[PDB]
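Worksheet: the structure to be examined is printed underneath.
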There are 4 protein chains.
Amino acid sequence: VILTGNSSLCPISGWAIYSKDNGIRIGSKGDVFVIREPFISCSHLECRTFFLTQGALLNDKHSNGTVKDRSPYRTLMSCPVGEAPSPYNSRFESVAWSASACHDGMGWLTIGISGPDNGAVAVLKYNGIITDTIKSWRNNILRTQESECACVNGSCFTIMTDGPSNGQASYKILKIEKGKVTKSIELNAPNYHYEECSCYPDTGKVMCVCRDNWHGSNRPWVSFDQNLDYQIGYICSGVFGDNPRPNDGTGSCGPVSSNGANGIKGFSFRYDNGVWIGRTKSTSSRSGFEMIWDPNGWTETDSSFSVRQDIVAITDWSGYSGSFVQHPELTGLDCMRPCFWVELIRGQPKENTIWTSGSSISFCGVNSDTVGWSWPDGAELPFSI
Amino acid sequence: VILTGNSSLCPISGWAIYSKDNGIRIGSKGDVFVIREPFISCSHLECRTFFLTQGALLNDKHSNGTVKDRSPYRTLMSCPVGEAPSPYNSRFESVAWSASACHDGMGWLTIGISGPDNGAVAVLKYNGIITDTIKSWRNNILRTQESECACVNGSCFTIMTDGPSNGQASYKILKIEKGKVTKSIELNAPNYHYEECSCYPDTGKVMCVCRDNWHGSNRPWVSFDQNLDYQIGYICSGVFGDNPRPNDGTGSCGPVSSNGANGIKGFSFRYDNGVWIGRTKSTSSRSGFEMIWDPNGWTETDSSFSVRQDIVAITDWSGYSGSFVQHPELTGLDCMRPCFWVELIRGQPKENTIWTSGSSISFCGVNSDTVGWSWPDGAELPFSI
Amino acid sequence: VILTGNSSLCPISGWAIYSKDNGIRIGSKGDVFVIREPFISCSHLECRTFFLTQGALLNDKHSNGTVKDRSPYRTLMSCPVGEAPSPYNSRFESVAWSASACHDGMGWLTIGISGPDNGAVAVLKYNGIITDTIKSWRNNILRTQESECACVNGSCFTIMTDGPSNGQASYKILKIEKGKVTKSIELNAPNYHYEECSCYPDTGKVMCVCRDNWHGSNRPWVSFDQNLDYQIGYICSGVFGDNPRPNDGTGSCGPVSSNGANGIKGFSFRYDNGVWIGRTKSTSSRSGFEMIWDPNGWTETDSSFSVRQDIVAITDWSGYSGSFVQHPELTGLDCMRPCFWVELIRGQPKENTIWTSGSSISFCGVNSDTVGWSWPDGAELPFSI
Amino acid sequence: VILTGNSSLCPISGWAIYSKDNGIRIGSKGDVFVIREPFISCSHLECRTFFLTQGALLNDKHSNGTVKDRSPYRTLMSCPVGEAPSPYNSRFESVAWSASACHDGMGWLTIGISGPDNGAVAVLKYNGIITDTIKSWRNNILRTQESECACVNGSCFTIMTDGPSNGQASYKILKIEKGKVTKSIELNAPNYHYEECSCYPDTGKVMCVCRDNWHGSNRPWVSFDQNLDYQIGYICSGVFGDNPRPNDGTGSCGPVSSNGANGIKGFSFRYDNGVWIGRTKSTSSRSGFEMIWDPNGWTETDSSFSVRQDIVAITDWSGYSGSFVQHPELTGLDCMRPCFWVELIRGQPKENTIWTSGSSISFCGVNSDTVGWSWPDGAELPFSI
Ligand SMILES: *[C@@H]1O[C@H](CO)[C@@H](O)[C@H](O[C@@H]2O[C@@H](C)[C@@H](O)[C@@H](O)[C@@H]2O)[C@H]1NC(C)=O
Ligand SMILES: *[C@@H]1O[C@H](CO)[C@@H](O)[C@H](O[C@@H]2O[C@@H](C)[C@@H](O)[C@@H](O)[C@@H]2O)[C@H]1NC(C)=O
Ligand SMILES: CC(=O)N[C@H]1[C@H]([C@H](O)[C@H](O)CO)OC(C(=O)O)=C[C@@H]1NC(=N)N
Ligand SMILES: CC(=O)N[C@H]1[C@H]([C@H](O)[C@H](O)CO)OC(C(=O)O)=C[C@@H]1NC(=N)N
Ligand SMILES: CC(=O)N[C@H]1[C@H]([C@H](O)[C@H](O)CO)OC(C(=O)O)=C[C@@H]1NC(=N)N
Ligand SMILES: CC(=O)N[C@H]1[C@H]([C@H](O)[C@H](O)CO)OC(C(=O)O)=C[C@@H]1NC(=N)N
Ligand SMILES: *[C@@H]1O[C@H](CO)[C@@H](O)[C@H](O)[C@H]1NC(C)=O
Ligand SMILES: *[C@@H]1O[C@H](CO)[C@@H](O)[C@H](O)[C@H]1NC(C)=O
Ligand SMILES: [Ca+2]
Ligand SMILES: [Ca+2]
Ligand SMILES: [Ca+2]
Ligand SMILES: [Ca+2]
Ligand SMILES: [Ca+2]
Ligand SMILES: [Ca+2]
Ligand SMILES: [Ca+2]
Ligand SMILES: [Ca+2]
Ligand SMILES: [Ca+2]
C-alpha cells in the first residue's frame with residue numbers, strides 16, 4: 001500500500017475527542033519521560049505519538065533545566081496514542097532536538113536533527129535504517145516541523161528552516177522518497193518567516209500552516225504540488241492565530257506586525273475560502289485552546305466567524321498544536337480526515353519547578369454532534385523533586 | 001468471522017473462578033492506575049479487561065479526590081484479563097467517564113462518554129477509528145452500561161440513559177454496525193428506571209438486566225430482537241437483587257418500592273422461568289457477593305431459591321458486577337457460555353483514604369464441580385499516600 | 001503439531017546452565033512479584049516460567065506473612081524464561097495455590113487449584129478457556145505437581161493428591177485431552193506417599209519422581225502408559241534424594257524411614273538402571289544443590305556413584321527443583337532433552353524477614369563439556385520493608 | 001534467507017548518529033539494569049542491543065561492588081536499540097560474564113561464558129536452544145568478543161582467548177553453523193595478544209580488530225576466510241588506537257611496546273591500505289571518543305591522517321567500542337554498511353559510587369554530510385544509593 005493522498009478533506013461540523021494521555025499526572029508516580037514537542041502521526045494500520053524526550057524522567061533530578069530547548073540527550077521516541085510516554089512502552093526513533101515523522105503506506109520516515117547550533121545535521125531514517133542526512137546550510141539552528149510530514153503518492157514532504165528566529169531566515173521544502181531526498185527548493189519569501197510547519201495532504205497537494213516568529217501574529221502558509229511548485233501567503237482572517245497576538249481586528253494577507261514577534265507552533269485547515277483555526281484563548285500567554293470556524297477567513301480580512309468550540313479553558317496551560325490526518329487507507333472513508341493534537345505545557349517558565357514537560361490531547365473532525373469543554377493537564381505542581 | 005450469537009446459554013451448575021488481578025495489593029508498590037467501573041469483554045481470540053482510569057496512579061497525590069465520578073482526566077483503557085492495570089501494560093481506548101465495549105468477530109467497538117454533565121457526547125470507535133458520536137438528548141448525564149455490549153449477527157447493541165438519577169429518565173436501545181448507529185428506539189417505560197445495563201446475547205436476541213436508581217430494589221430488565229422490538233419488566237423473585245434492598249420477601253414483576261432509591265450495577269442470567277442472581281451479601285452496604293439460583297425467580301414472586309454459592313464474604317468489600325459471555329467462536333462449544341466479573345472497591349467513601357479504586361475477580365459458568373469461598377481484595381489500607 | 005512424545009532421553013554427560021532470573025535481587029528495586037513454586041515448561045516454539053504469586057510485590061508491606069502456603073490472593077502466572085516475574089511482563093493463567101501446566105503442541109493446559117482446604121477445586125484451562133474442574137475427593141488440601149505435566153500423543157498427564165501430609169493419603173493419575181479429563185485412576189499404594197511429582201515423557205510413556213512427606217527419605221516414583229496402566233516403587237540408591245534425609249548409606253526399593261518425615265519437591269531422570277539425582281547438599285536444611293550420576297541407582301541399593309556436579313554451594317539457600325523437557329519438535333534433535341530448574345528460597349523461615357520468596361536457575365542436559373559452580377540467589381536481606 | 005556476506009564495505013565520508021539510550025540518566029529514577037559490555041547486532045529485520053547485566057538495578061543496594069568483572073549473577077540480555085535496558089523491556093539470552101551474539105539470516109546465535117575462572121564454559125544457543133558448549137582449554141578466564149560475531153554464507157565466526165592478561169595467551173578462531181562448532185584453529189601468534197575482538201564480514205571473509213593487553217598500544221588484527229585460513233598483524237598507523245597509549249608517533253606492523261600493557265576494547269575498519277580508527281581522546285584514561293580516517297594507516301607507520309570526527313569530548317567518560325554491520329538483506333543497499341557503538345562508563349573506578357554501569361551511543365557510516373559533536377552520558381552522580 002502506498003497512500004495515494006488524492007482525496008479532499010472530509011466535511012465536518014466539529015471536533016470529537018480522540019485521546020488524552022495524562023502523562024504528567026501519571027509521571028508524578030510512574031516512570032514517564034520529560035518531553036516536549038509531541039505530535040501524532042498514523043500509518044494505514046495505527047496511530048502513534050512521537051515526542052522529544054529530554055533523556056530523563058519526571059520527578060527526578062535529571063529533569064533540572066529542561067526548559068532548555070537543545071541538548072545531546074534529547075531523543076525522538078514514539079509510543080501508542082493515548083499512553084504515557086515511558087521507557088517501558090516507547091520505541092526509540094532518532095537522536096533529536098527537532099523532528100518530523102510520517103508513514104507513506106509502506107514504512108515510517110523519521111527525521112531527527114541533532115548536533116551543534118552552528119552545524120546541526122538532520123538524520124533521515126526509513127524503516128529505522130539511515131537513508132540520508134541534511135546539514136545546516138545557514139549555520140544557525142537547522143530546524144523542522146515538530147509534527148508529521150505529509151505523504152502523497154509514495155513521496156513525503158517537509159519544511160526546514162535555518163537562520164535567525166528574529167529576522168529573515170531561509171526556508172526549504174524537501175521531497176523524500178523511501179527516506180532519500182529527491183528534490184528540494186528554497187522559498188523565495190523575503191519578509192516572511194516560517195517555522196514549525198503543520199502540513200497535511202489534500203487532493204494530491206500539500207498545505208502547510210506555520211509560525212512567524214519575526215513579525216507576524218497571523219500565520220504564514222505554503223502550499224505545493226508533488227513537483228514542489230509552491231504558493232505562499234498569510235491567513236487573512238482578523239481572527240489572529242498566533243500567540244502572542246493582538247485582539248481580533250482587521251487581518252492581512254501579509255504579516256500582521258502588531259505583537260508579531262515570538263510565536264507558538266499551531267495549525268489550520270483550509271476549506272474553500274474558509275478556515276478552521278486552532279488557537280490559544282489568551283492573547284499573551286500559552287493558555288487555553290479553542291477551535292474557530294471562519295467561513296471566509298482564508299482570504300478575507302474581517303474578524304467575524306461563525307463557530308467556536310472550547311478545548312482547554314483560559315485558566316489552564318496549553319502549548320503547541322498541530323495537524324494530523326487519517327487517510328482513507330486507514331479509515332475506509334472516501335475523504336481525508338482532519339485531526340489535531342494539543343501539547344499541554346507544565347513547569348518553566350510559567351511555573352516554579354526545576355523542569356518543563358508536556359502532556360497531550362487530540363481530536364478528530366466529524367460531521368456529527370460534538371461539544372466544547374476543557375480537558376486540561378490536571379497535574380498538581382510542584383512534585384517531590 | 002462475524003459472531004452469530006444464535007446459540008443458547010450453556011447448562012451450568014455453578015461458577016468456576018476465572019481471574020483475579022490483585023490490582024490494589026500490587027499498586028501498593030507498583031505503578032497501577034486508579035480505576036473504577038472495570039468490565040471484561042472477549043473476541044473470538046482473547047479476553048480483555050476494560051476500565052475507567054482516573055488519569056492517575058495509586059500511592060500518589062493525584063489519586064486525591066478520586067471518589068468523584070466524572071472528570072476530564074478519566075479514560076477508557078484495557079489490559080489482558082487478570083493483570084494489574086498499569087500504564088506499562090494497558091492500551092488506550094477513549095476519553096470517558098462512562099463506557100461500553102464489545103467485539104463483533106471482526107473488530108472492537110468502544111463507546112466512551114465525556115464532556116460536561118449538561119451536554120455529554122459518546123464517541124464510538126471501531127478498530128480505534130472514530131465512527132460515530134451521540135450527544136445527550138436530555139442534558140443530564142448521558143450514561144451507558146459500564147459493561148460489554150452484546151453482539152449478534154454483525155450488529156452490536158447497548159442501552160444509554162439520559163435524565164434524573166432519582167426520578168423518571170429516558171432510556172434508548174442502540175443498534176450499531178461497524179461502529180455506526182443504524183437504529184435506535186426509546187423505551188416506553190413510565191415508572192421504570194434503567195441504568196448500567198448488563199446485556200448478553202442469547203438465541204439471536206439480547207437480554208439486559210439493569211439498575212433502578214429511582215424506586216426499585218429488584219432489577220429491571222429489557223430484551224429485544226435485532227429489529228429492536230422489545231419487552232420490559234422487573235425480575236419477580238423475592239430474592240431481591242439490588243443494593244440497598246429490603247430483606248427477602250414477596251417480590252413484584254414491577255418495581256419494589258421498599259428501599260428502592262439508590263442502587264448498584266449488577267446482572268442476572270435467565271434460564272427458562274428461573275434466574276441466576278448475583279448480589280451483594282449485605283442489604284445496606286456494598287459488601288460481600290453471592291450467586292443464587294432461583295428456579296422460578298424470573299416470573300414468580302416467592303423468596304424461595306435452590307442454590308447459593310459464596311464469592312466474597314460479607315466482611316469484605318465488593319462493588320459493581322456484570323455479565324460477559326464467551327461465544328462458540330472462542331470456546332469451540334455449541335452453546336453461549338455465561339460469565340461474570342465483580343469489582344472490589346477500596347477507599348472512599350467507606351474507607352477514609354484520599355482515593356477510591358477497585359480490583360477485580362471473574363468466574364465462568366460450568367456444568368461441573370465448583371466451590372464457594374471468599375476471594376476479596378485483600379489490600380491493607382491506607383498506603384504511603 | 002501434536003508433540004509425539006515417542007523419543008527416548010538424549011545421552012548426556014552433564015548439565016549446562018540455561019537461565020538465571022535474579023528475581024529477588026532485581027525485586028529489591030524493581031516491581032517483582034513475591035512468588036514461590038516456580039517451574040519451567042516449553043511448547044514447540046518457546047519456554048516459559050510459571051509461578052505462584054502471593055498477589056503482592058517484594059519490598060512492600062503486602063509481602064508480610066508470605067511464608068504461608070495458601071490464600072485467595074495466590075495466582076498462577078507466567079513470564080519468559082530468565083526474566084524477573086513482574087506485573088509488567090507476566091501473563092495471568094489461573095487463581096491458584098497449587099498448579100501444573102504443559103503444552104501439547106497445539107495449546108497450553110493450565111491447572112490451578114484454589115478454594116478452601118476442605119473442598120478445593122482444580123480449574124483446568126486450555127488456551128485460557130475453562131475446560132474442566134476437579135473437586136477435592138478427600139477434603140484435605142487437594143494438591144498437584146508444582147511443575148510441568150507431561151504430554152504424549154495429544155494427551156497430557158498429571159498426578160494429584162488429597163489427604164494427610166503426615167500419613168496415608170490418596171493419589172490419582174489424570175489423563176487430559178484438550179483440557180478435559182478423559183481418564184483417571186487411583187494408585188493402590190498403601191505405605192507410599194506421593195506429593196509434588198516431577199513427571200516427564202519418555203518413549204511414549206511417562207515417569208514421575210515425587211516427594212514422600214510421611215515416612216521416606218528416598219523418593220517414590222510412578223510410571224505409566226497412555227492407558228494409565230502404572231508401576232510404582234522408590235528409587236533404590238543409597239544416595240538419598242529427599243531433604244531432610246540421613247547420610248548416604250544402604251538404600252531401599254521401598255520407603256527409607258530414617259529422617260523420612262517432611263520433604264522437598266525434587267526430581268530424577270532414569271537412564272536404564274542408572275539415575276541422575278538432583279538434591280540439596282545439606283541433609284537437614286534446604287541448602288545447596290548438586291547433580292549426581294549413579295549408574296545403577298534406579299534399582300541397586302549401594303551408596304556408590306560416579307559423578308557429582310555442583311550447582312549451588314552448601315552455604316547458600318536452595319529450595320524446590322523439578323524436571324522439564326524440550327521435545328524434538330522444539331529442538332530439532334531426535335531425542336527428548338532433559339532439563340531441570342531450582343528454586344532459590346529466601347526469607348522465612350530461615351531468615352528474619354516478614355516475607356518469603358524464591359528466584360530461579362535452570363540447566364539442560366548436554367553430551368558436551370560442562371562445569372560445576374555455584375549460582376546462588378545473591379540477594380542481601382533484609383530489604384527496606 | 002541466509003546472509004551472503006559477499007558485499008564489500010560501503011564508501012563513506014563520516015558517521016551519522018544512530019542511537020542514544022540515556023540508560024543511566026533514566027536509571028536515576030526508573031528500573032534499569034546495572035550493565036557493562038553492551039554491543040549492537042542486527043538481523044535481516046531489526047537491530048538489538050545486547051549487554052551483560054550484573055543481576056541488579058541502578059539506585060539499589062545490589063548495585064554495590066559492580067566494578068567486579070565476573071560473578072554468577074551476570075546475564076546476557078537484549079533489548080531494542082536506543083531503549084534503556086530494563087527488566088520490563090529486555091529478553092533473557094544466557095548466563096554470562098563474557099559474550100557474543102549474531103544472526104545468520106535465519107536465527108540468533110548467542111555465546112555466553114560463565115563458571116569459575118579456572119574452568120569456565122561457553123554455552124552456545126541458536127534460537128534460544130543450547131546447541132554446543134566449549135570449555136576453557138588453558139584454565140585461565142576463557143573469554144570472547146563482547147561484540148557481535150560475523151556471519152558469512154550460513155556460518156558465523158568468533159574469536160576466543162584463554163590464558164594470561166599480561167603475557168602470552170592462546171587465541172582460537174571458531175566457525176559455527178546453526179549454533180554448532182564445525183571448525184576451529186589456534187592462531188600461531190607468539191608475541192601477539194588478542195582480546196575482545198571486533199569482527200565484521202567483508203567480501204566473503206572476516207576481519208577482526210582486537211585488544212593487546214600485554215605489550216601493544218596499537219591494535220592487533222586477524223582476518224580469515226570461511227575455511228579459517230588466516231592472516232595476522234598489527235595496525236601500522238602511528239595514530240595509536242589503544243588506551244593507554246603513547247602520543248602519536250612512528251607506528252609498527254608489530255606490537256608497539258610503549259605503554260602497551262593494559263588496554264580497552266575497540267575497533268577499526270580497513271579500506272584498501274587505509275583505516276578508520278575509533279579511539280578515546282585521552283592517552284591515559286577512558287575519556288572522550290573520536291573517529292580518525294588515515295588513508296594509509298593499515299600498512300604505513302607515519303602519524304599523519306586526513307579526517308578527525310569528534311564523538312565524545314575529552315572532558316566526558318567513554319569506554320568500550322565495537323563494530324557492527326548492517327547487511328544488504330536489512331538495508332537494501334548493494335554494500336556492507338559499517339557502524340559502531342560506544343559504551344559510556346559511569347561509576348567505579350573513576351567515580352566513587354558503590355556501582356559501575358554504562359550507557360550507549362551508536363553511529364553508522366554514510367557517504368553524506370555529518371558533524372562532530374559530543375554526545376556524552378550526561379548522568380549526575382551519585383544517585384540516592
Ligand atoms: C483533594 O481533593 C479534595 C476533594 O476531595 C479537594 O477539595 C482538594 O483541593 C484543595 O483544597 C480545596 C479546599 C481547594 O483549596 C483546592 O483548590 C485545593 O486544590 C484536593 N487537594 C489538593 C492538594 O489538590
Ligand atoms: C559492597 O561491596 C564490597 C566490595 O566492593 C564488599 O566488600 C561489601 O561486602 C561487605 O563487607 C565486607 C567487608 C564483608 O563483611 C562482606 O561480607 C560484606 O557483605 C559490600 N557490602 C555489602 C553490604 O554487601
Ligand atoms: C529547534 C528549537 O530549539 N526550537 C524551539 C523553538 C524555537 O526556539 C523558535 O521557533 C524560534 O526559532 O521554540 C520553542 C518554543 O517553545 O517556542 C521550542 C522549540 N524547541 C525544540 N524544538 N527543541
Ligand atoms: C455516569 C456516572 O457518573 N455514573 C455513576 C453512577 C451514577 O451516579 C448512578 O447510576 C446514578 O445515576 O453511580 C456510580 C456508583 O458507584 O453508584 C458510579 C458511576 N460512575 C461512573 N460511571 N463514572
Ligand atoms: C498445597 C500446599 O500448601 N503445598 C505446600 C507443600 C505441602 O505443605 C507439603 O507437600 C505437605 O503436604 O509444602 C511446601 C513446602 O515448602 O514444603 C510448599 C507448598 N505450598 C504451595 N504449593 N502453595
Ligand atoms: C572476562 C573479563 O573479565 N573481561 C574483562 C576484561 C579483561 O579483564 C581484560 O581484557 C584482560 O584480560 O577487561 C574489562 C575492562 O574493562 O578492561 C572488562 C571485562 N569484563 C567482562 N567481560 N565482564
Ligand atoms: C539546575 O539547572 C540550573 C540551570 O542550568 C543550574 O544552574 C543549576 O546548577 C542546576 N542544579 C544542579 C544541582 O545541577
Ligand atoms: C504480619 O503478619 C503476621 C503473621 O500473620 C501478623 O500476625 C501480623 O499482624 C502482620 N502485621 C501487620 C502489620 O499486618
Ligand atoms: Ca508571531
Ligand atoms: Ca471572517
Ligand atoms: Ca434501587
Ligand atoms: Ca423462587
Ligand atoms: Ca520425606
Ligand atoms: Ca550406585
Ligand atoms: Ca518505581
Ligand atoms: Ca595495550
Ligand atoms: Ca598515515
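Proteins come first, then strands; the chains are lettered A, B, ... in the order of their sequence lines, and each starts at number 1. Start at 1 and go down the list; that is how both ligands and their atoms are numbered. All heavy atoms count here, side chains included; hydrogens, waters and symmetry mates do not. Structure determined by X-ray crystallography, 1.5 Å.
- Notes: drug at ligand 5 recorded as zanamivir.
- Contact analysis gives the chain with most pairs under 4.5 Å to zanamivir (ligand 5) as the one the PDB entry calls Neuraminidase.
- Within the structure, the other chains placing a heavy atom under 4.0 Å from zanamivir (ligand 5) are, by letter, C.
- The heavy-atom binding site of zanamivir (ligand 5) at 4.0 Å consists of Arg36(C), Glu37(C), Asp69(C), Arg70(C), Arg74(C), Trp97(C), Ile141(C), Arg143(C), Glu146(C), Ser165(C), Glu195(C), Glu196(C), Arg211(C), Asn213(C), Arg286(C), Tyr320(C).
- Looking from atom 18 (C) of zanamivir (ligand 5) to the surrounding protein, the closest heavy atom is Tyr320(C) OH, 3.0 Å.
- Protein heavy atom at the shortest distance from atom 2 (C) of zanamivir (ligand 5) is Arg70(C) NH1, 3.9 Å.
- The protein non-hydrogen atom at the shortest distance from atom 6 (C) of zanamivir (ligand 5) is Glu196(C) OE2, 3.5 Å.
- Residue, atom and distance of the protein heavy atom nearest to atom 17 (O) of zanamivir (ligand 5) are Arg286(C) NH2, 2.9 Å.
- Among all non-hydrogen protein atoms, the one lying nearest atom 20 (N) of zanamivir (ligand 5) is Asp69(C) OD1, 2.9 Å.
- Checked against UniProt, the substrate-binding residues of chain C with a heavy atom under 4.0 Å from zanamivir (ligand 5) turn out to be: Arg36(C), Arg70(C), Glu195(C), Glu196(C), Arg211(C), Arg286(C).
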